[PDB]
Trainee: 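One structure, as structure tokens, below. Some questions next.
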There are 4 protein chains.
Amino acid sequence: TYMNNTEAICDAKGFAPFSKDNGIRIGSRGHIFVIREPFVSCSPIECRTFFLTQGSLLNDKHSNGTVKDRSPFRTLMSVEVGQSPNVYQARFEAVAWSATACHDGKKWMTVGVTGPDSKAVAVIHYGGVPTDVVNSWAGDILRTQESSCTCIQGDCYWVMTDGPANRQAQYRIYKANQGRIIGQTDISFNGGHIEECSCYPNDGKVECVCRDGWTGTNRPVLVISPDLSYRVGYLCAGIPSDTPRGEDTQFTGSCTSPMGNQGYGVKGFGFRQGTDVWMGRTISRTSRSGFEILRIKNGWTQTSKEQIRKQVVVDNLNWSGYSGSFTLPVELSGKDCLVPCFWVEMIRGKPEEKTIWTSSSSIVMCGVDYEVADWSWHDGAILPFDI
Amino acid sequence: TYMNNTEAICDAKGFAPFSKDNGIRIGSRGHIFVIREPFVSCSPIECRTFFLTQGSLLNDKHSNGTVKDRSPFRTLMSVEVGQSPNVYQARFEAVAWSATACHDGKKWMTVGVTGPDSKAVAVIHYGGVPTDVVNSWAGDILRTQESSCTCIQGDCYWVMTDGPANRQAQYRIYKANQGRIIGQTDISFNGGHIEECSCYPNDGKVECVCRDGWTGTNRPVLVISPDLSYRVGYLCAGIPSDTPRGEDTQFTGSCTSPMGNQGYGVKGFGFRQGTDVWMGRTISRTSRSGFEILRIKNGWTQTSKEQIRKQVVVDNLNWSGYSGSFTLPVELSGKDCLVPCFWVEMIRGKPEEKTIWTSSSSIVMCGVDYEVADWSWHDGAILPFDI
Amino acid sequence: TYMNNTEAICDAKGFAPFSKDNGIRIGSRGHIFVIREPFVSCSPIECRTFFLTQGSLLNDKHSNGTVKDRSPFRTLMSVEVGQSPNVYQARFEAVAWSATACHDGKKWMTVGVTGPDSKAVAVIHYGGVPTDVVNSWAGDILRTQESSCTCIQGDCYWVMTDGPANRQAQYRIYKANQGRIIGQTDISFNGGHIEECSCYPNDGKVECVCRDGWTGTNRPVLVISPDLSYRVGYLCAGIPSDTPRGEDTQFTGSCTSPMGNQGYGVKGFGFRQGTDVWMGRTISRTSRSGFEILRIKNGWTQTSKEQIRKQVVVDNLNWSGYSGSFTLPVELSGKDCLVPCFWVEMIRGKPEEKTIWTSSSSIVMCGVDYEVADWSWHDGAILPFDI
Amino acid sequence: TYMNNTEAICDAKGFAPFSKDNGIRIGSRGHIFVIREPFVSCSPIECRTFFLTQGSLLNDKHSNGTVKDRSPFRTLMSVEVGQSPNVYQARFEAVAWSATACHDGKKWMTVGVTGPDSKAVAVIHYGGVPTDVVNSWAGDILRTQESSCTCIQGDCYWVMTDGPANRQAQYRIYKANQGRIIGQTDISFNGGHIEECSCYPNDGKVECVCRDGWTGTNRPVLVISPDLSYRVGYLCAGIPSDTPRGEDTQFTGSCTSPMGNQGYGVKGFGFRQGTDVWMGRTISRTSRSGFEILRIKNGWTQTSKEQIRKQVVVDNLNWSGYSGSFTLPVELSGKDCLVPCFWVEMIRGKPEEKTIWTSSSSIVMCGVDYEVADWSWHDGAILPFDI
Ligand SMILES: CC(=O)N[C@H]1[C@H]([C@H](O)[C@H](O)CO)OC(C(=O)O)=C[C@@H]1NC(=N)N
Ligand SMILES: CC(=O)N[C@H]1[C@H]([C@H](O)[C@H](O)CO)OC(C(=O)O)=C[C@@H]1NC(=N)N
Ligand SMILES: CC(=O)N[C@H]1[C@H]([C@H](O)[C@H](O)CO)OC(C(=O)O)=C[C@@H]1NC(=N)N
Ligand SMILES: CC(=O)N[C@H]1[C@H]([C@H](O)[C@H](O)CO)OC(C(=O)O)=C[C@@H]1NC(=N)N
């Protein structure tokens, strides 16, 4: 039967490590796909780790150009959480260089975008097969979440973006029951930009903390109602959470407009807590090093910069990167509330390191109502490989 | 319980990519069987990719002579769609260098032909074991579909051919419930030739688009009724769909007789649409390069050459090859109609390339009611391998 | 629920190939256990291939001494029929250098013998764990079937031998419900010898065609009743079926006494057909080359040498070896009778070939009521390996 | 539904080999994790082998420093008993360099401790996800069982230790239903020390045979009641069972105080039998060589040194090491009593051997009411590896 996911998010004080896959380290000798954009989604029987292969394996000649971002070889697959993206445990999901996924209690729903950049198409899947499609509507990279979409009482919603990586673009929400689309919406956000949102269910509504790739060093936020009515803005916080980003002291929070002088970013996330918010980010303000998460007092509703809880999961001497959200189903956590969790992508090799390849590993952290000590659960691989 | 498969085929406007396995690319380092003749069949829980191994793996000394077509080592196996034909996820089906397969809602039914060429035998399997057999009846390669057979309301039917690859041969239809044969038929087609049919269910009857290897550059078509009464001919179309084949301008369609001056071919397919038809084919008229599919107006009932929908899934700079059909069960697509899909085999190495081996990869496309943009989702492997 | 297996054996006219694993060929590059003594047993959901690893893999330094027969490393494992004995699909059964196995409709029952030769012990397993044991009772290699034991209406019976490989030894039957022994019997056979029986169910009684390693070039036969009352002798046939063995022309059949001047043998099998019998054997009378099976008219009840059905599954230019029996459950074949099948072990490397290792592959043939043409489905490996 | 596990332990006369994994031997060529601290726990469907990887595989550069004990890479995983800890069959449990696990009839419960040593944290898991946590409470390695915890009628209990490896430390018991903690206890044991207990269910109470790392060459024992009331002491026996340990002749048993002049040890176990006890141990009193188990008459209640049953499972010419307990569920053994079993860890390479790596293999022995002959089922690997 169907999953409700209508409870608010639980109020945690810290996150405990769920898993760690050791994708890369294990790949020096194992048969592991070369990937990127990994994320985590859960059903009422298990959580799985979805990723985007490069139709190749680590420590092999085919892992060469693996930095480009797109190719016809990129395919969306998955494996039980914590397990590495190896070839022998992989479940084929779909053909994509940009995906998202979520389960609604009964079956999984996947969306893999692939094809030419001026005419890419999104193949929606449900129950082991594609059921519906969405063609690029602005002829210019029809991307998406690169993270767990969201299902509430049977209806699963997600976000998509067609446009430049810089200047203004076009966004849209998507709502669908059992793999068949059922209406969507065009996000009005002139001057504001949005990409790869790390959503999650909360209070019977969908909340996302996306990524402005145009001008914002602060992230845009967006609450989606079931009838497609929505709200869009930016984490109010007085602290920046993008990368690259200006300093905490030189940044002024903003609930409606983007801020900071930076035209590039990185996927990221944030959880709503009362009017408070837990916001993740890479410690090193310029590169993709280390990963830290912060709970600014009142941050979701005020421009607050009042900190009172900080914990590192990746120190600044370790490659980090992407990081999305998702929740544990009540049919697993057992809580009376949606336990919030997130993952951290730990990229390696190019661009940052001298290697002919690029890939990443992931680490899964999870709510809990106990303050967790700072530590580093970094990749570990010894670069370069048998290159 | 049993599957009906009595609904007509849905009327699509284009096909969206279901999966891609990256068999070869992944094999440069992985443990993947060396194969050929792959295809796709689906049950009410999943679609699987069936293939014919060579009892060996890529990038190994045993992948040597792998071009011959037949050996006692060739065995029919399968893996969830999109997954590569690796050794660790393979499901043993049967011993064969020529197979077909289909599920009837409850269990799978496989038929693997193997043995000497003048006395080969077909072992029929059902539920993990052989139940019935069919011995060669003309002492001369007892081949078959090399594609998904067809089950309607419990009875599964398929096609077989015993004879020369050229001059006239002997064909026969086959109908069977739960793995036990139950009557069959000899196809009368003097002057006309048939091999490896890419059938599918439609309107409570079975339709196949086979391959004349004798003289036809246009494919033969055949509608099988449940009582074994049938119809046999050639796609009426005024456009050739075999390889090698003469030009579109120099070809005259034919609903009853084969045409064109060519004594060799390749497996292929076609879907009925009203009186219209979607016909697949390799773009390059002589070699096994690129793959394109066309919807000629009225083509299934008239000698029409009226085009009004063309989409490439493999441009002409990429090795292609075989391509068969099959349908998605209503217990998966959810449609009220049999969603039509097909796969494309992408061969590599010998004969076309300087390698001691030969194998292929596959790509799965699927109905949908949206016109899909042209693209190439080609093999990708870097030949030669660690040869 | 429980399996009856009380129906007679079906009367076939030939056997069709079920599967072929390509263990060795695939091992040149794959991760396959180095094994020996493989066999086949089936439950009402699937047949599996049981074997004895050497706690090592092909094409590795540990596959060295792998000829000895016994070590503390030898462990009994299995994999779906036709699948190779690779490490990633293997199911651990038990610790042994001599096993047997069978399912009784509900769970599997395994018996792995291991330990010192003068005090070896048999660990009986049932449902994923050992339930009962049988200690060596004559301090001298406590071996067993090396083939599928037999279960009838819940009670599973098998055979064991403690003694020299030559001169007289001690045998015993074993009957047990759900993994717990329940009485057994000492076979009286002075002058007669018995080892590794290839039994099967028939007419509510158990029939085995074992191996005299002392003096018989003809095999001993033994019918086990449910109350442990039994019958013991030798295939009556006027044709020898052991290896080494004297010529067909110089052999005189014998229903009660062993015959021929040979003190060594090989595992083998035979099926009862009316008073007729299908008897398997290696074609080459001295070595372990080729495999043939024969249906001598009346052979099971008379000293007959009347042949009228012969089919080779391995020509005499191909290494062969062991071969045991077993039946397909009615809950799989669908027949109203126990379809008889058997497997053929194809050994390689030492002793016969110049290699530091020894192992084998298997081939599964199965009843059917159609006369099957002679062919060779031999190993295939290219020796030596990356040695 | 829930598991009772309230029956006493069965009274065996010997233990029969359940399985053997051949982890290391197989790893010379296979893809096996490099591990340590392996153990065995069982549910009412199967027993599984839990271990602690090093986020790497054997015969690879990453298996280097693998001796340290702790890293952020260490993750707790498992595989069906007897199966090696290979990457393709591994089930991710949690992130840890110190774990324990047990099933309560419905789902599994795992606890993985990881993080800094002065602030480590324990993530409790249940049903594929962490549900509750326990932070280090003495800032100094928050370790645990490294063996199967214990569940009785739904409530699962285990033991933890925070302190120095030498001088006095702090212990505590833990009781929890469905992954959520529910009260615990601080063990009062001044002068006495406890670590990595090898518990098991017996008489509706929990009994553990731990390891004093401070001063005891005799092991401490502890009976846990359901209301957390408990008893703590040392195996009464007049024979030492730790390593290093003084001689049997120079040792005087002790039911309340530790004895012997040794400040280091090794994990170990013991089973209660009447007032008798089966105690395991490494034969060689100083190193980690061989493994033997002894049943001293009355040993659990008296300082007895009365032996009358000894059996070796690893002779003193073979590396051995850790060894924990656990029981077979009645829903598997079928007995009316909790069949007692245990495993033996066979370490290899560093520190004892000249290798850049360290890891181990395991062997599983199991109750039974038959006296089992002495033998060696040692590792087998040929060191060094392709180093
Ligand atoms: C479709 C595509 O190529 N998406 C890109 C993404 C995108 O480039 C930016 O979001 C700007 O729009 O950037 C990044 C990135 O790491 O910055 C990875 C993505 N790679 C993949 N999703 N495969
Ligand atoms: C049984 C057999 O050898 N079949 C051949 C097939 C056949 O040769 C032609 O259809 C003419 O009859 O050709 C081809 C081919 O690629 O042209 C592949 C097949 N290989 C395999 N099915 N293994
Ligand atoms: C227990 C044992 O070592 N059994 C031997 C077996 C036996 O040697 C003869 O049957 C004489 O008794 O011979 C053979 C053989 O191939 O001749 C293989 C067996 N190897 C294994 N079962 N592992
Ligand atoms: C947490 C930790 O590092 N535990 C150590 C353990 C400990 O060191 C002693 O018990 C003293 O407290 O010793 C040993 C050991 O083999 O002596 C292995 C353990 N390694 C692992 N559990 N990973």
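Letters go in sequence order (proteins before strands), and every chain restarts at 1. Values below: all heavy atoms of this structure, side chains included; hydrogens, waters and symmetry mates excluded. Looks like X-ray crystallography, 2.2 Å, at least that's what the header says. First listed ligand is number 1; within each ligand, the first listed atom is number 1.
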Trainee: At the binding site of ligand 3, which chain contributes the most contacts (name from the PDB entry)?
Mentor: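 The chain with more contacts than any other is Neuraminidase.
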Trainee: Which named drug shows up at ligand 3?
Mentor: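 The PDB calls it zanamivir.
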Trainee: Help me out: which other chains have any heavy atom nearer than 4.0 Å to zanamivir (ligand 3)?
Mentor: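 Other chains, by heavy atom: C.
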Trainee: Which residues of other chains have a non-hydrogen atom closer than 4.0 Å to zanamivir (ligand 3)?
Mentor: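 Using heavy atoms under 4.0 Å, it comprises C/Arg36, C/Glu37, C/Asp69, C/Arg70, C/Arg74, C/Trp97, C/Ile141, C/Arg143, C/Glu146, C/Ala165, C/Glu195, C/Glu196, C/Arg211, C/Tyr264, C/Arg288, C/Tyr322.
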Trainee: Using UniProt's active-site annotation for chain C, which residue is nearest to zanamivir (ligand 3) and at what heavy-atom distance (1 Å precision)?
Mentor: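 The UniProt active-site residue closest in heavy-atom terms is C/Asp69, 3 Å.
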Trainee: Does an N or O anywhere in C/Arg74 fall below 3.5 Å from an N or O of zanamivir (ligand 3)?
Mentor: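 Yes, at least one N or O pair falls under 3.5 Å.
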Trainee: Any idea which atoms of zanamivir (ligand 3) are less than 4.0 Å away from a heavy-atom of C/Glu146?
Mentor: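 What qualifies from zanamivir (ligand 3) is 22 (N).
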Trainee: If you restrict chain C to its UniProt substrate-binding residues, which of them have any heavy atom nearer than 4.0 Å to zanamivir (ligand 3)?
Mentor: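 Going by UniProt and heavy atoms, it's C/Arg36, C/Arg70, C/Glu195, C/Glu196, C/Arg211, C/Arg288.
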Trainee: Using a 4.0 Å cut-off to any heavy atom of C/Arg36, which atoms of zanamivir (ligand 3) qualify?
Mentor: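 Answer for zanamivir (ligand 3): 16 (O), 18 (C).
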Trainee: Using a 4.0 Å cut-off to any heavy atom of C/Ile141, which atoms of zanamivir (ligand 3) qualify?
Mentor: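 The atoms of zanamivir (ligand 3) under 4.0 Å from a heavy atom of C/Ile141 are 1 (C).
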Trainee: Could you list the atoms of zanamivir (ligand 3) found under 4.0 angstrom from a heavy atom of C/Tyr264?
Mentor: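 This gives 15 (C), 17 (O) as the contact atoms.
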Trainee: Does atom 8 (O) of zanamivir (ligand 3) have a protein heavy-atom neighbour under 4.0 Å away?
Mentor: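 It does not; no protein heavy atom is within 4.0 Å.
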